[PDB]
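Remarks on the structure that follows.
Starting from 1, each residue takes its place in the sequence as its number. Just so you know, ligand 1 is whichever comes first in the structure, and atom 1 is the first atom listed for that ligand. Technique stated in the header: X-ray crystallography, 1.5 Å.
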Amino acid sequence: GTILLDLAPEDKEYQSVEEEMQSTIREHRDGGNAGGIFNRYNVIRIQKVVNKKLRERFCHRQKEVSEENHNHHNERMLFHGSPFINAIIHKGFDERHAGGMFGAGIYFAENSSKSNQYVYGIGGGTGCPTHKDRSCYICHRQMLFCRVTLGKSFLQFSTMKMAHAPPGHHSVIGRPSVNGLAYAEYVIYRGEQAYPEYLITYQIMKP
Ligand SMILES: Cn1ncnc1[C@H]1c2n[nH]c(=O)c3cc(F)cc(c23)N[C@@H]1c1ccc(F)cc1
Ligand SMILES: [Zn+2]
């Protein structure tokens with residue numbers, strides 16, 4: 001099954017992942033309601049996720065997408081927050097579990113703070129299980145930093161609800177715009193198009 005390999009804080013790989021997590025924090029339109037109020041995280045640990053079966057499905061799909069995109073799979077490393085991270089690291093992403101702006105897909109953010117708004121559910125739900133606080137500064141949260149095969153992407157500023165990527169395409173990118181999205185989002189419609197590469201355990205920090 002799945003093996004988690006702990007990254008040391010002195011490793012350049014650990015440092016690269018933390019830097020991407022910290023530097024992509026942005027100012028949210030809800031004032032912190034969903035994800036909590038913070039300017040930085042406290043990273044507890046970063047683990048590499050190893051799953052032979054998930055890797056095989058991912059690599060198989062990556063080759064199909066590369067062939068349909070002029071031999072370029074076009075991967076991006078993107079964040080994913082979910083109260084179901086334990087199932088994802090064992091079973092992978094599953095599009096069958098997909099109100100989304102781009103329809104029935106699997107969603108990722110390039111801004112870690114956007115994925116953080118989803119760690120405890122839509123709008124943060126009732127927050128951490130122990131204290132029922134969306135802004136809990138004690139409980140450890142988890143998010144994934146994933147390899148996402150975008151292939152030939154379809155870029156949009158406004159909502160476009162679909163069941164699958166458009167013909168010939170492999171993903172949908174929602175870009176920010178005035179009167180549109182605040183931050184980008186990336187959507188795939190096949191679970192095998194993402195690999196949950198890193199598992200980050202963290203706390204948000206009180207300003
Ligand atoms: C609530 N939910 N369930 C599965 N995926 C999600 C959300 C989501 N989860 N996780 C992320 O990191 C994320 C990063 C984004 F840029 C954008 C996202 C998400 N939108 C998703 C969304 C929001 C409302 C909705 F009705 C359906 C889907
Ligand atoms: Zn708590």
Ligand 1 drug: talazoparib
Talazoparib: main contacting chain per UniProt: Poly [ADP-ribose] polymerase tankyrase-1
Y118 and talazoparib - part of the residue with a heavy-atom distance under 4.0 Å: side chain
Shortest protein heavy-atom distance from atom 18 (C) of talazoparib, along with the residue and atom involved: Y107 CB, 3.4 Å
Under-4.0 Å heavy-atom contact with talazoparib, by part of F108 that carries it: backbone
UniProt domain (most residues in contact with talazoparib) of chain A: PARP catalytic
Talazoparib contact by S82, heavy-atom criterion under 4.0 angstrom: no
Nearest-option assignment for atom 15 (C) of talazoparib, heavy atoms, candidates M143, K114, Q117: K114
Protein residue, atom and distance nearest to atom 1 (C) of talazoparib, heavy-atom basis: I122 CG1, 3.3 Å
Talazoparib: binding-site residues, heavy-atom cut-off 4.0 Å: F79, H80, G81, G99, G100, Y107, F108, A109, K114, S115, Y118, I122, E185
